[PDB]
Participant: 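Quick one: structure with ritanserin.
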Amino acid sequence: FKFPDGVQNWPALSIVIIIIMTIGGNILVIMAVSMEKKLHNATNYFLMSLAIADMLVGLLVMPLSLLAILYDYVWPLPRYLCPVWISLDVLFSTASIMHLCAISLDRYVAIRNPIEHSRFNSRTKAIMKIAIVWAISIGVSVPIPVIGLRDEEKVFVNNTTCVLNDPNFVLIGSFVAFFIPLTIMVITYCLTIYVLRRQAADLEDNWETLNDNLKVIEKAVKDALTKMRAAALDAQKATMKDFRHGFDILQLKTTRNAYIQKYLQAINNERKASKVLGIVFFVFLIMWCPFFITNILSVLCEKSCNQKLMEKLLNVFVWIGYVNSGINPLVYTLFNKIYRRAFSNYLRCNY
Ligand SMILES: Cc1nc2sccn2c(=O)c1CCN1CCC(=C(c2ccc(F)cc2)c2ccc(F)cc2)CC1
């Protein structure tokens, strides 16, 4: 570990900046979800446990990858330390996709069959769901120290570079640890975003007409006045008892701000959450695709392919996937005033 004698790529040390921003960024997420009241809920507990995995990627996987780059991918640490790092790489990377898939799956199940959650509270129900995503993650990574130490060629190429080299494990494992959870996250997300739009459009299309027909009354009628009573007529047929009669009493603009905005902001809130999750989901998908494509493209042709080129591309493609462990705290800041406000305060009033 930085002898320093023997190092062959000193400008690679500049990747430390990537490492520092991946740890500190997710630390702030851990601080925010731990301290902010308006962030204490199942979805944001998922993000904290996710930030714990992404912080441990930058804390335990990124530094030992950088060290290998510094020695031209000739493993500089003891040989037993290679399969330990490979399993820590697999564990925390799987925990990332397993968190995103669990968020999208729980959000989908929360919408289809929203039965009265009478068994446990939301805080404690989240704890079990976080336990299964870590239980699976440990389950995928725990064979690797066995396979690697029992047979060192499964984790060493050319007896020098430390990389996972078991084709059966890499193939089957890529399905269990990446392809299946990614397939679930995409379908559940889109299916969720389809249900949410159909149910919101029920009230929205009635609330949109009443609003538009109010503009013509300020243009500036007996057809536009009855245009607004028919709007609320269909709105009050779907939404608790204070809502049905709430429209039946509706100068008009004051009633809209009095009680309609209670649900109007509620639906917009659900829309803003689907926006953030989709960006987090599909940026994760996009930043891991080049590595996974190039990898699964490297075994579809055993020969007839430039294997030397594949490895060189994968050296860069793995860090495109790694940088994703730092991207999530940035995304929260851009799209949520609670994270952005807490982040600026932790950077100032604490640091
Ligand atoms: C550090 C490094 N450097 C170089 S240079 C040239 C190659 N190369 C490498 O292969 C690696 C290891 C990359 N490492 C990324 C994390 C891994 C996942 C995984 C788990 C188990 C598998 F079976 C299949 C892949 C994963 C990826 C995304 C996820 F969302 C979840 C898991 C394991 C592979």
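One is the number of the first residue; the rest follow in order along the sequence. In listed order, ligands and their atoms are each counted from 1.
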Participant: Which macromolecule here is the main partner of ritanserin (ligand 1) by heavy-atom contacts, as listed in UniProt?
Facilitator: 5-hydroxytryptamine receptor 2C
Participant: Looking at heavy atoms only, which transmembrane segments of chain A, numbered from the N terminus per UniProt, come under 4.0 Å from ritanserin (ligand 1)?
Facilitator: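 By UniProt's count, heavy atoms that close sit in segments 3, 5, 6, 7.
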Participant: Any idea which residue and atom the entry shows joined by a covalent bond to ritanserin (ligand 1)? Or none?
Facilitator: none
